[PDB]
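Note: structure shows nirmatrelvir (bound form) engaged with 3C-like proteinase nsp5.
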Amino acid sequence: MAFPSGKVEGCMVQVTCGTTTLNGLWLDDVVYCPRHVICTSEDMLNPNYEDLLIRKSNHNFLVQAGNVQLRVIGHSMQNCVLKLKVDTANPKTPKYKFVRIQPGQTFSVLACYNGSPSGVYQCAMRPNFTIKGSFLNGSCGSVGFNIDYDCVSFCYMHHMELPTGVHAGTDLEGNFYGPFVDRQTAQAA
Ligand SMILES: *C(=N)[C@H](C[C@@H]1CCNC1=O)NC(=O)[C@@H]1[C@@H]2[C@H](CN1C(=O)[C@@H](NC(=O)C(F)(F)F)C(C)(C)C)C2(C)C
């Protein structure tokens with residue numbers, strides 16, 4: 001069974017940088033999203049993330065909660081996630097924590113597109129650190145979570161699809177599960 005998704009739906013936003021749009025997670029006054037949002041299509045082949053981060057300013061990021069634009073007032077990189085500091089705290093922020101899960105453990109995924117929740121399903125982390133998800137274009141930044149009474153444990157942010165059709169991603173501190181890298185290059189499970 002998947003967990004009810006209401007607590008997470010209220011945290012989902014759309015993040016756009018240039019022509020690249022994906023999803024972000026808005027907790028308190030920070031938006032978390034995959035750092036490859038800052039890449040053009042070309043950049044994704046061999047990204048120098050340090051240098052791409054330099055050339056972006058706060059106003060190059062468009063963050064929208066539904067129809068409301070949120071002002072980005074700071075940005076930083078933590079491993080493979082970007083943290084955007086916004087001028088508005090999310091009033092729907094649940095009690096939450098960030099946890100890193102192990103193979104064999106299950107969690108719920110809230111698949112989102114353009115910041116809009118689309119569906120909920122249960123996944124299990126496989127021994128090679130991949131998951132058999134259902135993700136299309138624009139699904140990056142969708143999150144995985146468990147619920148402990150009233151507390152949402154976020155454990156997964158979505159980044160990529162592998163050639164065999166399984167999926168890989170990070171925890172919410174930006175560290176990949178498994179030996180994967182956020183580069184459009186020869187990678188296999
Ligand atoms: C995020 N919105 C998408 C989610 C993908 C699209 C198809 N299904 C998914 O889960 N992520 C990406 O587009 C990432 C992103 C560049 C390319 N990429 C990939 O997932 C590609 N895969 C790989 O390069 C591979 F095989 F190495 F894993 C793609 C061929 C587009 C499926 C970056 C930065 C990795």
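Positions are given from 1 along the sequence. Just so you know, ligand 1 is whichever comes first in the structure, and atom 1 is the first atom listed for that ligand. Side-chain atoms are counted along with the backbone in the values below, which use heavy atoms only and exclude waters and symmetry mates.
- Within this structure, nirmatrelvir (bound form) can be identified as ligand 1.
- Measured on heavy atoms with a 4.0 Å cut-off, the binding site of nirmatrelvir (bound form) is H36, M44, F135, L136, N137, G138, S139, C140, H158, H159, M160, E161, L162, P163, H167, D182, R183, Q184, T185, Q187.
- Listed by number with element, the atoms of nirmatrelvir (bound form) under 4.0 angstrom from any heavy atom of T185 are 24 (O), 27 (F).
- For atom 23 (C) of nirmatrelvir (bound form), the nearest non-hydrogen atom of the protein is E161 O, 3.7 Å.
- Not a single protein heavy atom sits closer than 4.0 Å to atom 13 (O) of nirmatrelvir (bound form).
- We find a covalent bond linking nirmatrelvir (bound form) to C140 SG.
- For nirmatrelvir (bound form), the polar-atom distance check against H36 finds no nitrogen or oxygen pair separated by under 3.5 Å.
- Here the protein heavy atom with the shortest distance to atom 16 (C) of nirmatrelvir (bound form) is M44 SD, 3.8 Å.
- For atom 18 (N) of nirmatrelvir (bound form), the closest heavy atom belonging to the protein is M160 CB, 4.4 Å.
- By UniProt annotation, the domain of chain A with most residues touching nirmatrelvir (bound form) is Peptidase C30.
- By minimum heavy-atom distance to 1 Å, the UniProt active-site residue of chain A closest to nirmatrelvir (bound form) is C140, 2 Å.
- Taking every non-hydrogen atom of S139 and a distance limit under 4.0 Å, the qualifying atoms of nirmatrelvir (bound form) come out as 2 (N), 4 (C).
- In this structure, atom 1 (C) of nirmatrelvir (bound form) lies nearest to the protein heavy atom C140 SG, 1.8 Å.
- For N137, no nitrogen or oxygen atom sits less than 3.5 Å from a nitrogen or oxygen atom of nirmatrelvir (bound form), counting backbone and side chain alike.
- The nearest protein atom to atom 31 (C) of nirmatrelvir (bound form), hydrogens excluded, is given as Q184 NE2, 4.4 Å; this is a heavy-atom distance.
- The source species given by the entry for chain A is Severe acute respiratory syndrome coronavirus 2.
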